Protein chains: 2
Amino acid sequence: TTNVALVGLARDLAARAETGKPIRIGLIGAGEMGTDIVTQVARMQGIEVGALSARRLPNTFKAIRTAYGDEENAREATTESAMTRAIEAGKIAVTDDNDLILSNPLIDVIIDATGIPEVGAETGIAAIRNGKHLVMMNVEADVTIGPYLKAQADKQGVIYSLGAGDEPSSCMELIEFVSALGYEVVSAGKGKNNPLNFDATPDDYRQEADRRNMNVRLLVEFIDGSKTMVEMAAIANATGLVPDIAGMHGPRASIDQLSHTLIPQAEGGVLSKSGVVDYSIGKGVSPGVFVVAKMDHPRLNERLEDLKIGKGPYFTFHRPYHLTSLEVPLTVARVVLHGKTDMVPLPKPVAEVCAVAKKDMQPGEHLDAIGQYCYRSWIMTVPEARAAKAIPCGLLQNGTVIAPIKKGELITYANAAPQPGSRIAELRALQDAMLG
Amino acid sequence: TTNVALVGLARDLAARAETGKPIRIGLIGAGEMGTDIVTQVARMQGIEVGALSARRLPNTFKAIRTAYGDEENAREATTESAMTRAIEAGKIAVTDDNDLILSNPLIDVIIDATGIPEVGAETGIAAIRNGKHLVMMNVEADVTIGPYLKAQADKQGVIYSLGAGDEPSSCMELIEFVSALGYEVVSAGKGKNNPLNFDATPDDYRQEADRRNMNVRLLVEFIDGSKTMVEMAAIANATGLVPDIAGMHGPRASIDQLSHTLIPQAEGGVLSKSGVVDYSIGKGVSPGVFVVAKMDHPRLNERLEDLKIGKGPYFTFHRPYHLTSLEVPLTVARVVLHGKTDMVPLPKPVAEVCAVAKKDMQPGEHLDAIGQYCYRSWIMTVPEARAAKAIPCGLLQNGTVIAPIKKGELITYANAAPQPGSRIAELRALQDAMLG
Ligand SMILES: O=CN(O)CCCP(=O)(O)O
Ligand SMILES: [Mg+2]
Ligand SMILES: [Mg+2]
């Protein structure tokens, strides 16, 4: 199929296949991301989906039919013996009970692809308790309780990673390159073609969501900035880069303008200092990620100028693609074959994803969910978040409004209360104790 | 300096530095590329230049003065005991005797940065004979005798690699990624901003060479196509990708047109078949390298289209930079720390860099050198090369014309004779005997 000789990670995956025992993924969630992963794995060597769960059993069969064209690879399992039988018979065992997957002895690595943060919290800690590696796609959960999950993974001798293919992990590839070379990372982040619309709600997008089948919440959280705030917080929390101002600058800049824009004001850009996470509004940046780096030696500056990388001392490194869920099996391969993580949070977070009201709300109302009507994410430094008593955005779904809140106002422990009994609130309390 | 926490390779280098015994490079050649490597290593952790040689000892001191601003780090050594003392004192030992570097017990890896293929052949086999890893920057030598060097490296238990940062090795990063994902590699290569000029000579470039203080042969070999032929042959001989036609198509195509141009004729492109090395003439491809890949599943096509990566089933993956000599220390780090090569030739070459005359020549004339007046490189498949009895281009410097040759004609064992005594012709004979 590939037309090429096997090299690097491809060759390692071919050698694994030759052992007769593939790397086996337990995949939790059969929606769009999950369905993508089944499809992607079916063309790789040495890596298989052993079992697939969803809240409703029909969805597992649906994912598998979309991947293969029919449901013949699927076999329902309601017990461990049935599941292990199915896997050894070369079937994908399907179930609506996540615990059968999380506890099966043949499963090497867990991927949660449900897009539900509370669920990413629940399944993540259970995967670690059961002695399985854990590949996290729920960035909303990672930026809330990632440090805690990583510490628990270390105690059990397993690996925790964000999955490759999304902007934060793609951007870590560039960051590792620039910093291994000893260069200053001035700014890093992602682009957007068009201005954000912070007032967006599902009323503006229901029509498009319906025609494209897709979850209207995704459009909304994309357009209102929330996903951008979350992705940039994950980069910050893995590096020590910080937002320069709450919400970031988000200037207008094409790909060719980043290196004169997301740089210090002293050198003509918009930043108060070097070492930031930010994003741009303009052409040619998306669908990838970037790092603006500085050169510290005149010879290195000259060499990059001769190669037409730019005009120094600031230079833009672009990765012009990210394939989302399709890259996540490469993380699985590196984790199991090489014992390497693609991306972990630092022990001490430097940014918090906070939230701002999208409309006026009164005491007794409930906050809804990201990508809906009540609030949108807003990145702050930890010290500014704490000073303002901001509630982490991952805690807010179905939270209670306790004092009047006006449009544009920060959501805080003074004006709202999270549902106290969430797994995610419980794990975040444990994280806060561990840090203190 | 970097503004970021240590991750990945950057972390592995810092951990090496904490052992107090850095990875030590033996660097042969104090000119431009060698001076770049001294400068670049000086900003990194865990890796140092232990020793540096040049034909004329003053040029070692000159390279050191450029990198550091003074010669305090240099110490002259003409014996093993003096070189080892200098390295232990934290100096870069400088010498005019390559054999001292090739045989010093404290040197881990050899890099030949002279740009002379004969010397890359000579120091290459010597490095391997002395039990040292070998990073080759001389792509002209690698395409001539690489399979032999690789086989001898394997016999000695050391690693052979092309150095990162040049088009062939940068392109291998993309090929590894697409092929690990199970995707079809349709075409791979590099771009040039402007059309080739096959008739170029140093007469045309002496003013640019003079004002840029650079070797006029490098401009000529760039413009007349020779460097592109060599670089594409390296990719082909590492992958099994082949030139579609002798010389390659080299169509007019911007970055945004690659995926409708370097694809099969049946789908509107220029190629007779999928699985090729080629290049483009047009805007936005250089500096950098590309792979055109094909999707063979509707869901994968649909995901790449929704991400705006292109319109399927063909998609362009671009790495919009390559830093030349600056990335070579990354190869050195991967080789020593992880035992991984960045790029090796396959055991059976599929392409040959041959040569065509730039002017009419008479029996008894000598061929000059690449980037001068007499000849320019031209990629062919191995079977076509053999059928024409073509001489590998790397063997031709100072060769003798034995039958009349017309401008544009292939140089073959029927109309020319290499200098027989070269280490490079001697090693090539051994490669041919190994492959017989
Ligand atoms: O991984 C994919 N994305 O982040 C796309 C979400 C749209 P945005 O880039 O507008 O937040
Ligand atoms: Mg994303
Ligand atoms: Mg090159």
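Sequence lines map to chains A, B, C, ... one by one, in the order shown. Chain A is numbered as in the PDB entry; shown residues: 2-437, in order. Per the PDB entry, chain B residues shown: 2-437, in order. In listed order, ligands and their atoms are each counted from 1. Per the header: X-ray crystallography, 1.8 Å.
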| At ligand 1, which drug or drug candidate appears? | fosmidomycin
message: What's the chief binding partner of fosmidomycin (ligand 1) here? Just the name from the PDB entry is fine.
response: Oxidoreductase
query = At a 4.0 Å heavy-atom threshold, what other chains are in contact with fosmidomycin (ligand 1)?
reply = A
Exercise for review: Give the source organism of chain A as stated in the entry.
Suggested key: Brucella melitensis biovar Abortus 2308
Under 4.0 Å from a heavy atom of A:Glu168: which atoms of fosmidomycin (ligand 1) are those, numbered in the order shown and with their elements?
1 (O), 2 (C), 3 (N), 4 (O), 5 (C), 9 (O)
> Based purely on interatomic distance, does A:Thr325 place a nitrogen or oxygen under 3.5 Å from a nitrogen or oxygen of fosmidomycin (ligand 1)?
Replying inline: no
Apart from fosmidomycin (ligand 1) itself, which ligands or ions come within less than 4.0 Å of that drug?
ligand 2 (magnesium ion)
* Any N or O on A:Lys228 sitting closer than 3.5 Å to an N or O of fosmidomycin (ligand 1)? -> no
field: Numbered atoms of fosmidomycin (ligand 1) (with element) below 4.0 Å of A:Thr229, judged on heavy atoms
entry: 11 (O)
What would you say the binding site of fosmidomycin (ligand 1) is, if we count heavy atoms under 4.0 Å?
A:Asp167, A:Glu168, A:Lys191, A:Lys193, A:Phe223, A:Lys228, A:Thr229, A:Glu232, A:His323, A:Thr325
